[PDB]
Structures are given as C-alpha cells and as structure tokens.
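Snapshot of camonsertib at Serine/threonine-protein kinase ATR.
Naming: A, B, ... by sequence-line order, numbering from 1 per chain. One-based numbering, in listed order, for ligands and for the atoms of each. These values consider heavy atoms only, across backbone and side chains, with no hydrogens, waters or symmetry-generated copies. Excerpt of entry shown; contacts counted in excerpt.
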Amino acid sequence: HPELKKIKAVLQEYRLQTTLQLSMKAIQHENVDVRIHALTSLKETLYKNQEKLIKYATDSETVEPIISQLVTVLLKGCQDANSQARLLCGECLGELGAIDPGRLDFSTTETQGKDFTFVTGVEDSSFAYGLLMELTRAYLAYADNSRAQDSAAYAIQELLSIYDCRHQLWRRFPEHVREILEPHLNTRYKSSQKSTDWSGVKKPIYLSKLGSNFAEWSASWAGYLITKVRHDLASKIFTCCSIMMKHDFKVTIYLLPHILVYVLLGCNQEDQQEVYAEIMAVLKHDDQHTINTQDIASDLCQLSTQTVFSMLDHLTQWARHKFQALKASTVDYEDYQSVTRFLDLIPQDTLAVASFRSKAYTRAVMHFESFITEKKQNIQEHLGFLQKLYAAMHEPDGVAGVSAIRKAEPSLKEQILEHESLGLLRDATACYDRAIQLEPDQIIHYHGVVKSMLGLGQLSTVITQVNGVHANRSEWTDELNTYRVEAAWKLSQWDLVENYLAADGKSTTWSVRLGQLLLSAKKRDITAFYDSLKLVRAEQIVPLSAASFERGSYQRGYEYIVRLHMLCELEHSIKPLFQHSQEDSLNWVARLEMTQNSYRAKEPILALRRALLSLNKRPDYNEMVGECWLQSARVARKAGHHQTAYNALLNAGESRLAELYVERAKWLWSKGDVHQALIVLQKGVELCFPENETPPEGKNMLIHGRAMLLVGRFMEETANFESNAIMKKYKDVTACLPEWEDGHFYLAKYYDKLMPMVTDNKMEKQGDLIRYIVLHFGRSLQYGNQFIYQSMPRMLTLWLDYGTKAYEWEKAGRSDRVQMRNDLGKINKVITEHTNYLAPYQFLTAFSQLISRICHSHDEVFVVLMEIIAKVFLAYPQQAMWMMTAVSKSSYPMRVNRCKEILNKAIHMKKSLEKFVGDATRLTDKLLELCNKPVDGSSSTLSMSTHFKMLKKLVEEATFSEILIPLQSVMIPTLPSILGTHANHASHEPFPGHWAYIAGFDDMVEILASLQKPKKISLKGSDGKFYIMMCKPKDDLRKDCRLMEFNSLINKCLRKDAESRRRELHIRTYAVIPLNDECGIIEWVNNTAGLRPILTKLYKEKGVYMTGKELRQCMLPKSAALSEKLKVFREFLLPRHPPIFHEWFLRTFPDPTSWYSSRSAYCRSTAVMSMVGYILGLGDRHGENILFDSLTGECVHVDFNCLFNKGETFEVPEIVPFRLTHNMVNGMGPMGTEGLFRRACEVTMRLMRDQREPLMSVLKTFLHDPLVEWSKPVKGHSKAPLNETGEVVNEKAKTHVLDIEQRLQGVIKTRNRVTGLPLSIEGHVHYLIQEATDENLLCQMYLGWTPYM
Amino acid sequence: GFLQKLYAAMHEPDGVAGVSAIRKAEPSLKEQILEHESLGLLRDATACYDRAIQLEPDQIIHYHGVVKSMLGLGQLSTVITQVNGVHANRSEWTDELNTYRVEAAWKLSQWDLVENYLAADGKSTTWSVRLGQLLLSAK
Amino acid sequence: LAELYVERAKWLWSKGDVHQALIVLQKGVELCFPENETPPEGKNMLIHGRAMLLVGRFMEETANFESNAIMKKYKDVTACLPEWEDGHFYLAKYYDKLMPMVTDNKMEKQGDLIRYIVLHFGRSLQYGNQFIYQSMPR
Ligand SMILES: C[C@@H]1COCCN1c1cc([C@]2(O)C[C@H]3CC[C@@H](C2)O3)c2cnn(-c3cc[nH]n3)c2n1
C-alpha cells in the first residue's frame, strides 16, 4: 500500500535480494493467509525483476545462494496443505523457471530430516505427549458431537491421572494444549460410552462385515487386541482410548503400532497367531480381485496396507532398539523373541507384493531386498517382479541393471520394459509392433507404438495412425486420443485440435490439457483460458507435492518443474494476445540456458515455444519458429539420438539461416563421418557467405565466425588438410571475431598441437611459438571462461617451462641462450599484459599451480609470477593466504624466501593486508604448534584452554583480523557462465555465499587413534555455527590439497550438464589445507565413520569376530603359492566374514523411503569415487580410509597419499583398481554390482572420456607440481631441492601422464602379448568390476587392506 | 533437378548421389525425398515423408512413401493400421495404398485380412497384390 | 538353441558394441550348450563350435582378455569341431599374431611356433577353401 514508508522506516530501525529474503521468511510463516499475500507479492516481484533474476540465475554455473534458498522453500510450499498456496507456488516455481538442478545447490538447504525420537512405549513420556496431541488435534473438532467431546475428555482423565505433574512433563505440554486439558485437569469424569466386547465377533475382522469399513476395522481389531493384551496399565490406556477410537481413525493410526507392541509383550501363542492371520488377511486382500462393495473396500485396502506398514515399521524399529537394550532381562529377551518371531512370521516377499499393490515402491524394494538376501531365494525366479518395481520407480539404472543379471532370455514383455526405461525409440517401435503381432488384443502396445512415433516427430503419421485403431476399436479412441491431441497442436492445426478436444473432454492427460489451453488461446476465451490454466498448474503440483520430500527432491520432480516453467512461459506468452501495449517480459533466449542440458527437459519446452510462436503471428514469427526447430535439433544432437535431431533439421530448413548449415554439419559430425560433414559445411558456407561479399554485420558475422571455426575444427581430424591450411582458417576466424573465447582458444590449441612436431621438441626454437600460444590463450580468456581449465593451466605450464629451460641453458652457457633470453622476455611481457587485462579470479583458478612454481629458477620469470600472485592476493586475500601459508611455513629455505617476497610485495601493495597476514601467520603458527604437540599420555580429549592458551587467546583479541575458515565451499572458485556476467566480468563474484570467520574454538579437542594421532578441533564460526577440523600430523597435504582441487573440478563437470546429475553423482570434496609440509588441517565431514569400524561393529552385534591371532594365522609370506593363498582366504576369511553391510543400511536408515534414496546414493557415490580413483591411480584404499555419510549414504575417501599406482611400489602390490570387496557388494543390494553401480560407473567414465582435455590438462600440472615430495624427503643433511632449486621433479611424471591419459582413453595395456589394444568403451567398466570382485586378486592383498572385510 | 528426375527414373542411384553432391543450392524437400529413395535409407526417408505429408496433405505419393517405409522397417501391423487410418481419412486413396495393406497381411499371415483387402481392392499390378492373390488362393 | 544368441552377437559386433556382443554370446553359450553336458547333436555341435569361434574372435578384438585364454578358446573350437576351415584357420591366425610377441621377434625361438602355425593353417585349408587366399600364402 502507499503509506507503508514510515513502517518500513521503523522496521529498518529495528533491522532486490533483500526483498527476496523477506518474502522467504514470509513464506516460512505459519499463517496461510500471510503466505497467500507473500507468494502473490513474490510472483509479482519475479515477473518485475525477471531481467535481474535471469542475471542472478545464469551469471555463473551456480546460481546465487538466495535463489537456491528460494527454490528450496518454494518446494517446501508444495508440501503445504492449502491448495491455493501450492497452485500459487506452481506459479512461484514456473516464474523463476526450471533451473538446471546442477546450477542449484541444496547441500546447505537439504539439511533437514532429524527424524529420530523413537516412541517405543506408551508408558514412556514420548508416547504420553503424542497421545496428548492425539487427544487435542481433533478434540478441537469433537466439540460438535457431545459423546465425541466427552470421550476425549474422559481419556484426558486416564492420561492425566498417570501423567499429572505438579513438573517437567507438565511444562512439555503446550500452554494452549494444557489449557485444553485445564477444564479436565483432574476433575473426575464418567465414561462416555458403553463397553462392547470385540472378541465375540467371528475372526478375521478384516474380511467379514467389520473390516469392510476402514475406521470400523481399525476400532474393532484394536478393541480385540485390547482384550488380548496383558499389561494392565496398557489395558487401561487402551480402554480409555477405545471410546476415542469409535469417533476418529487417527487415534487408531497413532496407537495401533504400540497396541500391537503391547500385544507381542503379553499374548498367548494362538492370540499371536490370530493377529498374524489378520495381518496376512490385510496383505493378501487385493481390492481389485475381491468382489464386494467398493469405495470403502478399495480405500480400506489402501489405508490398511498403509497403516499396517506404519505399525510394522514401528515394530521393526521396536525390535532394533530392543536388541539395543539387550546390548544395554529375561522378560526383555522374551519380548525380543516374540517380536522377532512375529516379524519373521510375515513373509517379506508378501510385504513387497502388498506394498507394490499399494504403490509404496521404495517400501517394496526394501522389503524384497531383505527378502531375497535373508530367505536365500534364487534371484532369477523373482526377476520380472524386480524389473516391474524398478520400472514403476522410473529408475532406469535398476532395469538395465536387472538385464545384466538375467540368465534366461528376456521375455517379450520384459523386452518392452527395457525399451521403455532406457530410451532407444528406433528399436522400441519395432518391439512394440512385434508385441502387437503376437498380442493385438492388448492396448498398452498400441499406446507404445503411437508414443515412439510421437517422439521421432512423425506427427502427421501419428494422427493418421490413431484413427486406424479408432476405426478398428472406437472404445480405444478416447484413451488413445491424448496422443492424437498432442500431434494436433504440435502440428498447430487448431481446427483438428478442436475436433479432438470436442471429441473427448474426459481425458486429463498432460498433452490433452496443453491442447485445451492452446485451443482456448486461439479462440480468445480469457476466463476459461485462465480457469484451465489454474487447473493444469494445480494438476502438475499434485505429483510434485509427494516428490518434494527433501531427498534430492528437486531433481526427481524436475520433469514436473519443467511443466511449471512450461505453463509460466505459456501464460506470459498469451496475456499479450488477450490484452491486444503489454509485452512479455520473458527472455526466452536465456530462459533456456537455465534448463537442464538434456533432451527430456529442453524438448517439451521448445515444443510449446513453437506452438506459441504459431499462435502469436509476428512478421519475424516464421524464422523464430525456425530458430526454435534449430535449437531442438541442437539439443537432440547433444543428447545422443540423432533421428529426432535430423527431423527437426528438416522442419527448420524452410527458415533461411546460415546456422542451419552449421547445425547440419555438427549433426553429421556427431554421427562420425567428418568428411561428409565438412563437405556439407563448405557447401553451406559458400551459399550463405559468398567470399565476394564480406559478412561483417549483425548476427551474420557471428554465425560466419562460428561456421569458419567449425571448418577449422573439422580440418584437424581428416589428415589430408595441410597444417598451414588449418592455420589460415583459425587466423581468419580470429580476424572475424576478435572478442570471442572459442576462436583464440582453439587456435592456441592447434598451435600447441603443432609445436612439438614442428620444432622437433627443441625448446630453443619454440620461443616465438610459445609467444603466439600464450598471446591467443590469454586473449581467449579475456572474452570468456568456457575453457579456462584447458587454457590457463596450459598457458602457465608452457610459460614457466620455457622460463626454466632458458635459465638452464643460461647455465649451460650455450649459444642459443641469448636469443632465447629475449624471447623469454617477450613471453613474460605477454604474460604481464594478460595479467593487466585479465580478472584476478581467472588466475584464482589453478592458483595452486601458480604457487607450485614460485621456486622457479629464473628471477625475472619469478618477478612476473610475483606480479600475478600478488594480484590474486590483493583481490582475494583470505582464499589466497590459506593455500599460501603452507609455503610460508615450509622447510625449504628458498621456498620460504620466495613466500616472504610475495607477501612483502602484497603488503607493499595494500596496507590492511599487512594486518591480515600478520594475524593469519600467527594463527597458522599456533595451529601448527597444536598439530605438532605430542598427545598428553593417552587422554582422548584435551582442553585447548589448558594446553594451547595462546591459541584461544589469539582469536579472542578484537584486533585479530577475521580469518575465513577454510571450507571447500569457499576455497573453490565459481566461474561465470559463457553469457551474461562475462560480458561485464572482472566484477564477477567468484565466492558467492556467506563467508564464515574464525570467532573461536571449542575448548574440547578430540584425539583419534592412529600411528600418528590426529587432533580434532572445532571452530566456532562468526555466524555461530561450529565446523570440526582435524590436524594430520605427518602427511604432505600439498598432494592431497591439489587432488582435492581436482576433485572439485570434477564435481564441476559432474554436478551440472549431464545425465549424471539425475543419479546425483557427486564426489565428496572436503577442504584439505596444508599448514606446513608436515602438518595439514582437513575439513571434517560430519556424521561419518570408517568402513572397518562400521563392519567390526556389525560383526560384534552378530558376536562373530575373527581374532587378531587368527589374523596372524591368515597372513602368509609372499613366496607362498598364490593358489594356496586363495584357498586360505576362501576357507577362513570368507566364512568368518559374511557380508553384513545391508544390516548397517537397515539400521542407520530405517525409514524405507530414506533407506532406498540413501543406499541408491551409496552405489552412485562409491561408483563415482572408485572410477575417479581408477583413472587417478588412487591406491592404499584400505577398509579404514573409505568412510560413509551416516545421513545420506555417500562415501568419503581419505588419505590420498598413495597416488598414481604408488601402491605398486608398496611391498605388497596393490593389484585391484579400487576397494570393492564382497561386503561392499552386498550393501549395493542383491543385484550386486550389475545394478546401479555399473550403470553409475558407466556414466562417470563417459564423462571422463568427454572432459579428457580439461581434466588431463589440470592433472598434467598436478603431476608436475614440484612442491609435493614425490619421493620421501632427503634428510636435512642434503635437501632434496638442494635449497637452490626449492623444487623436486618427478622422474615418473611423464610415465604417470601417459598412463593416466591411457586410462582415460580406455586402452588397458594389460597383456604384454595382446598389442593391438583397441580402446574399450564401457566394457572398460565391466573389466574394472571384474577386476575388483575377483577373489584371486583380492587375496594377494595384504590383510592391512582387509580384503575379507 | 531435371537431371535428378532422370537419373532416378533410369534407376541409377549413383547419378542421384552425384546430382546431390553437385548442388550448390539447398535441396528442396521433394529433391530430398528423391535422394532418400535413391540412397535407400529408411528412417530419414520416413522423416522426410512425414514432413511432406504435413506440407502437402492432399498427396498420395508422400503417404505411399511413408507406408512403404513402414513396411520396409517390418512394422507390419503398424503398416496395416496406418493404411486403415488413411482409408478412414480418404476412402479414395485406399485403392492406391491397398497393396501395402495386403503385403503386410500376407506377411503377418492374417489370411482373413488378406482376403478382405483383396475383395475391396480392384485389379492391381503390384507384385504384392498378385502375391497375396496367389497365397490366399493357396490357403 | 543358441542360433538366435549367436546371430544377435554378430549383430552387436557389427554395430560396434563389441563388449555387449561378447557378453551376450557368453550368456548364450552358457544358457544353451551349458558346460555341464556337451552338445551331443551334430547340428548343436556345429552351432556350439560357431559360438566358441565367435567368442574367440570377439575376445581377440578386445584387449582385456589374456592371450592364454584366447589360445584356449581357439583350441576348444578346434576340438569341438575338428572338420571346419574356420576354427583351425582363425587359431592359426591368432597364433600368427601372437608369435612376434612371444618369440620377441627372434626367428630362432619362432621354430615350434611356426610349426604349430603351419600345421593349423594346413589343417584349415584341408577342410575348406574360404581362406585359401589368406591361408596358403601365409
Ligand atoms: C572423515 C574424516 C574427517 O573428514 C575428513 C576426512 N577424514 C579423515 C579421516 C581419516 C581417519 O579416519 C583414517 C584413519 C582412522 C583414524 C584416522 C583418521 O586414521 C583420515 C586419514 N587420512 N585422512 C586424510 C589425509 C588427507 N586428507 N584426509 C583422513 N581424513
């Protein structure tokens, strides 16, 4: 309202992005009507500030944190009970757009799920409070019925009688709720109804005449059980709720679990059997097969399966904590035995069957996985059921996971299932038609045939196709109409759309709803238009509500959130059509960049965009639809299947565009025939850019630059095109578009490719070449950041290598050194210029590499490196100092001098940096002193105040400059996207998020157990949060920190822009900061413990534990035969170590939905990290270093010291690629490796083979990082760097580079006999997995790796 | 374009491929369909045929190409249902496309559909139709 | 009866996915002609022989299989069908390639390897002529 300015002023007295956070806090408010206004205002804000949010959305690969928190709380709004807000947020999410779930970051916002707080017993206070809540929640609703109100009032008496407090439990009562019991505090009340025996009626209750009603069944069975229980206090508590039960079913819901618990406590054997028979009656009763009254029996079966599931989960948990109490007498033992026998009475397979019937797919999978592994059922018999499960859960990794397990040949129906899950449409329609020929009476087959025909874009043959079966089967005409409708509006034949819509309105399918919206848009019907719009927007929210439960919720519901952005674009593209003045504020060009880079997300958006551009008929709205066809072609050629891409190309060629030819070339290039593609391109370039007419104008110059670049790229594969021809092509590209990263970058790449062969690997003649190289690499960096990981590290490597070679030749006193000296002069001059143009954050990437060369021998090269490092420090001092301080405290004197030099230059360049550095050094100094202090005897805890008084003191000074806690979320850069912010970069923010500062430490200091004892310290952040951190006393972090940077780089590739994101592949990166070469501080991953401790704990619970002397019996000398080693392994270590890890899963994650969506993440995480470890040569993966997130199931790898097959140099060679034993296999599930794991190892390897160039480039610098002690340090008598080099070079650096490149390439080089070595593709994954689970290889591992474990 | 029509009629596909490679201009849709027919590829030919049907609905050549490709793919029952849909859309074109229908029927061994599509169809010289006649009369 | 399996394996090895081809042919040769009881049929014998030979070739294609196992599979192909040109011929060819690596390009050590090669190639030319232009020259 207008007159809020004074109120805004007084609120600011108490106090865009600001407005957004206030709106968020308004959404989080409990009041519905508050939320309504808040969300309306927020939607208007988004529509108004679109062009700013779009900047906030696509500024960088990761959106600003405000947008992430916003989308999280909006997804929380979809769980809101009010329909109005959930629609208003169908609108709230569509306004912002279905951003790429990679561009989001839910880690800080998906921090919910405390769960916990078991309700074990009614006598316990937990159930007391829960039953009070049951006594009130609709006691507010029983005020209309006297006996209902009196009943809960009487139950208040019996509850408050035992639970009166005059007082901590009385305070636990809410003030209003305890006020509700105030009229019945202790005033005695009569019974509200009479007592009727439920045992008199025939059993089972669920079947006959009492079960047929849900609440009636619950009350009747509950009263029967009350007559069956023996705990007298429990009997009273259940009788007082008995009257309560005949009034509402939710009291049965809350108490029936504990009711069955107390039954199992005291009951006869035949009583238990009657109860179990009632359970089986609930389970085997499918509502569809029984013939009786409906609408109460169907919902009865549904809700009854649901409530028996909840109570059985409570029981399952009841038995778990019961075993815990037995670990914590005979009567408790007897209750444990009774509940265990009760649970085992029910067949787990029956549980899974019932859950699948009730659409509880996660419950079904959990119960079935427990079923097969426990009851030892052969898997191949239950296979088809498992495929049905994974197909229902839309988890393709299961289905394609099942096939590899299937021994028998796949049935036709299962062939259809496979073709449906994994999308291979060309082969799918053939399978559908074969099924039809086998079985034409069915309908799902014809549903499929038309479906694939839709995907391939044969739209015209679709509508004609459906009419065929329509004439043959008119009854199939209406459910088949939805496909017919889809093609119609996709064909934009609204007349036929009208015929098909008036033909049937009884279809709700998404395509039909789109068709209705579009028809109403054409024949302008504003009111019915918006009516149907709200209708469909609500329709999409319904499934998005259940999927919004925060377990990677956004990605699972992204398909729907696409539809919400779909509808938002639809709406904002129609309101102009209705008002006519008013134009859409949408930036369609940028609204697509945000969309996930996969066909199953982009294509439906572009389909509707084309439909709307058919509705809106502007003079340019005939090439715009052509451009949209072209864009769908681009995304399809990106997403594999080329047929749809080519069909779109056809539907686009009518538009006159030179981009058409670039896209046709790229598509032909995706097929592989570079020759045909280059031919078509050269033909197109001549057509659209005749050389007699310069195209220096408008979009034409851009398209022509792109086309010329594509020709220059093509020319490099076909070995016919001479070098200088490619040279001229790239030079012409540069001359065309001199403000463009791709041109200069690819030209420099070709330069570096030509260099070593033209100059015969003779560095002296390479000066001018390197000059051109670093000239174009830098200018490339000046206009974009798409390839910075390829360009910048390569540039720096080349320049510093040439400098080192010049220094060396100067000492060789050779003839070439002088011209090479002034050449190096030119090169460092160009580097200086780049330093003057580039932004600092660009150099912030690969900053560890810059530091790795500060001991550079050449002095002036070091001066330029000085000028570089200073610029980064001056702009980002905190993030710089952390990676720096390890060098500051290094043992090498020359390294120390160079670090002092760079710090002195920095403080000379800025003054407050002096205070910052002076504080941080002392801070790192006292932290070092901490890491080095010997443990006080054996006490596991230490008081920092008592021991490290100066440490606590230093942070306590106010003048102590706030130091940023080195978290991996604040040591990793965040580049800007190709578009937007890099049009105005050097102002881009490379660390978006709330920097937390060291405000203090917790006086407690844990000390873990290791050969060298790590010391955990907690850091009280300036925000108030506490982040744990551990000193590693004797390890060289330089290597582990450099590897963690590389893993973060991988996460950059993985998290965004892949199918990998769906599987939520994510390498667990935690900060690793060296404080000294000897001492490092490692960010603690909270909620985790080592694998071996986990399993040992599990084995103890089973009592089985093979002894240490038995271990000594197992170990044999290496000279002993391999076969007998294997026989010892098999016959002793295997049976004394059955696979238990699934028990750990069921324990840590009892909630079935969470259990699955966790274990699924375990397979994915261990697969991804194992794969990264293979192509990294990660070694020494003994069962202690793997350790798992006890909240999500991912695994965190630690102690990366053994790198690049450095386990082969171990006394016991490390044969296996990655730690994958039979126990870890069991945790994956009964499917084993062949399930999600292999499919997760496949996509990771594909992403590796794709991003080879950035990863290989960065790793090349890592392998050349001289700071890490590749070999152990020569003692102080003779420094390994001699104190003159300050560096150590790796002799096996080139061997490591070659081997790693080979592993990425996919050539194994395993057999010294087989030499042809055709590179493998995904059979690489199969070979690796066969290389892990192999018993022969596992056995040769020294028991330190614990292969048995 | 005329040279392409000629080489196509002379059933010399290499000539059509040459006329393709010579074209400095963009091939029109009809020339594209001719090129796909000569090159023999099926899926992309179906794509072009559907593009044409969307462009010219009142055509029997494009529908014939679409159904012939569908028959080539081996989507026999789909071919039959598609021919039936075209029949419902136009009863006058069914006589032209009935040969694909009876070819699929004989292939699918639906002798009932064979005799049915043979009774409705007039005298046709298509090898598929005569083969269906011989096969049915052999049943 | 393994004919569909072998043909699907050939279709895959043609498409380029040699890994899927090898795994499918292995699953086939497992399901049909299981290793518990040999294929007594003379027709099933020829089919299991073609399967063993195709698996040997597919193994030769990829590099993850050890040379000894490939030699063994080819020997099994020679055994289960001792009257097929293919088989003897392909095994001679495999031992032919393996010879330069085994003998380390030392003709002195090549002796018995050359003997085995020539024996297998002659046996191959005996029962057929489909490689009489590739066998007899070598
Ligand atoms: C989850 C925790 C805290 O979270 C961060 C990762 N991490 C650990 C944990 C461990 C250990 O549990 C392994 C064994 C058992 C007891 C003791 C500590 O030695 C190590 C070892 N090396 N590293 C290194 C080295 C470089 N980076 N990390 C460790 N990091």
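The chains other than those of the drug that have a heavy atom under 4.0 Å from camonsertib are A. Of the residues of chain A touching camonsertib, most belong to the UniProt domain PI3K/PI4K catalytic.
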